[PDB]
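Structure of MEDI8897 in complex with Fusion glycoprotein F0.
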Amino acid sequence: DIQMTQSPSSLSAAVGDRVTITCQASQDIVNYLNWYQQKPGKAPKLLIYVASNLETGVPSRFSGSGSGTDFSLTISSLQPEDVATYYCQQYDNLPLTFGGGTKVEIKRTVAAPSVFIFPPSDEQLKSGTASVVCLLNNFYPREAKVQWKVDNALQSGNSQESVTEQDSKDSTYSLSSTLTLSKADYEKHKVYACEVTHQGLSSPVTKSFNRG
Amino acid sequence: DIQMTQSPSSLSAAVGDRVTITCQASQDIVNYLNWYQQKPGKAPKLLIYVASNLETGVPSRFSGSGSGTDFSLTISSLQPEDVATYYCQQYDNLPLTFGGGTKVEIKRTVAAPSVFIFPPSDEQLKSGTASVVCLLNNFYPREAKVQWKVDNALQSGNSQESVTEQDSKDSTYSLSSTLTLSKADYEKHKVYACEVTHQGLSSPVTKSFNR
Amino acid sequence: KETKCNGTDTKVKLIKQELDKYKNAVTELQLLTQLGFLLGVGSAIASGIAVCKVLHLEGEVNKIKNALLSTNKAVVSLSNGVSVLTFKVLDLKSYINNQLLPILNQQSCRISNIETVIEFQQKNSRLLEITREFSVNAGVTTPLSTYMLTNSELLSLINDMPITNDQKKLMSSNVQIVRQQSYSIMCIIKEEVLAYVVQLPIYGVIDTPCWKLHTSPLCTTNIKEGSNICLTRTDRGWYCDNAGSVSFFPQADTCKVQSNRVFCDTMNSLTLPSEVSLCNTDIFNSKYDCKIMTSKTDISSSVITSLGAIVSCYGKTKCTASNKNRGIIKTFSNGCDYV
Amino acid sequence: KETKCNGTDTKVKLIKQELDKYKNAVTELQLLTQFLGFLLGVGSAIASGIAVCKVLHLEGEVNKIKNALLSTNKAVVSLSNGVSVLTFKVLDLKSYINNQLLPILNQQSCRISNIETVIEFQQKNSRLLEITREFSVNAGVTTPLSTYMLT
Amino acid sequence: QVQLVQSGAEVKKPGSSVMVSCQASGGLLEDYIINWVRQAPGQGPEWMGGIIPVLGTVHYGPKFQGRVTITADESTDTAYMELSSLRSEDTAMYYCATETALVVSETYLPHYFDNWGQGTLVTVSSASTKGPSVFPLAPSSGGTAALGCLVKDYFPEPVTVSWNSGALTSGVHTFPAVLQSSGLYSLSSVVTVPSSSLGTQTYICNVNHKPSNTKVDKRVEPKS
Amino acid sequence: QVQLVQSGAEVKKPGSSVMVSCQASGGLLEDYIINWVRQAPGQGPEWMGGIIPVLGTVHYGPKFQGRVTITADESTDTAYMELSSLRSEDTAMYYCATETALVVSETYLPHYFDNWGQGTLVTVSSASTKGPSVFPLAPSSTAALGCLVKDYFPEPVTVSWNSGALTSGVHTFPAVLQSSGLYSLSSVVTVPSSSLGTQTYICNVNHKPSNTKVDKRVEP
């Protein structure tokens, strides 16, 4: 099979930047190479076919070049909605094969997260379990930390966090952390808080709540 | 030599208008004619080569036409960043020769100048010279008048003014006037003023200071 | 199978029509793929026809295809009896299959980018030109055109022939004559491959002495108007030394002259003993019977030689040789003379 | 002199092969330059043409031809021997290549934005190639006189 | 303008066989090259095979030949992909992708994928199908409040969620599912909204877990 | 995509000879047609000559033949221009401009200029080079501030705000020639009046011909 080597594996560029992506084949494939865009969770969309032909409806900022074994994809003015993973694909011979993929991320000015906490619902407590949710909304960069605090005792390793992909319109992230415990232990304490540190806040922001 | 005739020498057009410039050759040069753009103080930039081919990165509003002895450069929608002097150039034979040039200016709405006065610095007075600066900032049209007033006496011919070229993003002008006097004569009077008249002010605006 | 694109718009009509011209030329080829009098007759393309005939055997073409898959030059073992150099020049398959039709199919025959169609018509051009020539010459063309075999291809093919470097150098320095003594035989288009046999000359006898004999009728010049006798040497033509004998070409235009080299074809020649040269020096020699014709046809004529002119002047005819800057310089008397 | 187009695209490949076909024709032609009836006298059909060819080969003779047809397309030239011959410049591909095509090519490293340029070049280049092809198949001597030889 | 509709996501037992369908609307199957591409989590796509009904040719990737069958039902314009002897490595999103085959010569091959299905997530596992429970995340007391609903304890992925029948999209963040230590997936969906509309506006999250035949419309608002 | 770097501006004595250099980055001198163009103040451009390194041929405009020398040092990718016998007419901005020369035939001629140098202002005069003094223009009761650059020769002097960080609102006026012979020029910028205390504004004045770089701090 023909192996496609896509480089780099990841890149960070500002809005309006000129970005170049390269694809190399394990043998000569003339110009029989395609390009696709995949946003997280969506089907791929065809951008470039035969190395250099623009697909109808694709913004003019995308272009492809190359021949033989090395090809390139260039975005002349990187835009927020371009955050996605891109794949090259050859069809010189079978089987059709793809590159490893290149994930393109936008670098933007640092934004503070909005921190909100949700207690477990009265509806959920009837089922016998309590989940307390803490939210970081529209922040950058990727790295943040949330340590739960029940009353004043920090809870360690009894929670699970999930992070969205970079948002396609403003290049920020969001993060939800869920602290799962039994019904007996939830009614054991009174005041619940989640403490959040990030580069966008001068001091760490804490949100807590009283049962009622 | 081949003489290139560019016409007109200057024109004033509104934003969004379609503007045409003409270049005439003294003999047939087929289509061996180029066009250049020169903004004030900057190098010329190639816009059109071989009469009609658009240079890469040049806005789509530019086009070139012609053959034989008469050629044209066309901007379909004149934009503020287009304020510059344009030149045609032939290359049928050596020496390469240029047109006389066409200065294109943008006609917009009348804008009043912001009037600011600056006294001479304390550091400069020790060296033996004093400059008093008066400023008209981001105004239109080109024509303005500044008559100095020291105490209450109108000053004549003791100042020098310099005006910027038309601004590339908003098509306004700026003008700086410098009043040069000796340190002995500067400290001879007390209150200095510069009074400014223009079509954008109902009454002339005066800004003054006490020494 | 068929271009199932609908033919109306201006963009579609040119590429679709261009495709039809290719498919019709291909279809056309399948239809098509089914002195001197003493000389001896030959079969000019008996060699080429023999090779073509081998390709028609079942499954024989497959050996050719498999060998030219990795390189553009291969020596193939045919099932019958001959090893032949085979050459894939144009690859229309991978262009149509992997570069053009995908571009075409994706946008429903709206080729938005005119550049692709122009490249196709040039890539398609040589086939139509080769097809066109074969379509006018009953599958056998001569001379070998530049669409049949480019100079780049010909010089490279020249280098691979089983001859000395002296023979190779001659052919490469006079490629124009080579073309005129070559044939192209169209014969098979089946199993996604088109192939034709190119038949090049092989010059095995080089640098031997060669001479040209010019003759003109010789009559007596007597006063009686109708009583005259004429005599003419009939052994005119080219004579080259060859293998201890002389290769004789009676027909004048069967040879092409470049400087000092005479390119001739042995097929239209007779092989004569070396004593033929004596007819020039001693027409009555007792060792070779010099060929002559007799007549009473007392007609004046002239023969232009390589370095002059023979003039047979008889009767009341005015015969004159002139210079461009001086006019007439010599007036010929009756008889055969030379200047 | 040389085709140094490093960037590969369908347009670049089109002009380069079109340029190569012209560059090939010049070299290709340059290679070429180095009852009754039996009583009828034999002639040399092109002895006249051969004689004229031989004079043009003389040292410094082509310059005489070139300089006379430099300003006009019709001139009578006196050769070194004594003969005046009508001379005709039919195609001026030189002034086309130098001042309209070669500048266009160099600007964007062989990426022609207007496909019209390649079409014009191939049309401007067509007459030269067709003349070459007739000579290339007929040993430098054609008859009858084609319309590509002389309109 | 032609939409490719694949069969729904499902969980199949290891060693069994799965059949995925792909429905074409707006054109005939003969007029396309129909390809099947799969994507495992954290990998690129992998081409499985393609069928060209106009030529009557089926092609299989070497890794999948002998355990994959792709057919083209021209009577319904539905393409299918059957993969037998399912195991853990096969847990992936399977995509049905087409290439237009209007003007084709023989030995025509698939080259690209310009029209795609929505994808079918096939999860191979021993666990049973289970629908999720949805619980409100009520807001309370600057000028923007947040609320949401929690979709907990379902198997397998995916679960879908829309706000106000898809009306509320600017500001929604539906987080990727997390596999809890207990097993089964759980997921959260939050949206920020101006604090002045907390009483005047209705916010409903429409959660669908198609594998389990679960349709839930959960209203969110403060309590008292 | 190739940058042409000319030598710095200077004042040369009348009658002497001056040489202007032009450095190409990203390509070889052979890969271009190298032209030299000059423009006197208030005049259009005038073609002086050009060099074609691939053919080793130079062509001169008639007015400049015999007192202009253009060379191309391909060992360093540096082009040069030597003008001898300086007089009043030569005060001008000199430009280095290229025409790309990939496919070059014989008898190739210069045709156009697609890539330009920044220009070199040669001032022919006996007046000694002199650096300027800069004086603050403090803002007080949108506000405006600036600095005054006085008494320099010859032109030009450049100015940047906050090392190029502050660009929106800058107005640098053309120089005016004073009676002393020296030049003077001003640079003013408008900025919200609320940043007069929270923002620092520094103008970076450079006169390379005299090798005088002076940064005078200004604040209300």
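Below, chain A is the first sequence line, B the second, and so on; all start at residue 1. Atoms considered below: every heavy atom in the structure, side chains included; atoms not considered: hydrogens, waters and symmetry mates. According to its header, this structure was worked out by X-ray crystallography, 4.3 Å. Excerpt of entry shown; contacts counted in excerpt.
- All copies of MEDI8897 taken together correspond to chains A, B, E and F.
- Other chains whose heavy atoms approach MEDI8897 (chains B and F) within less than 4.5 Å: D.
- The chain of MEDI8897 (chains B and F) accounting for the most heavy-atom pairs under 4.5 Å with chain D is chain F.
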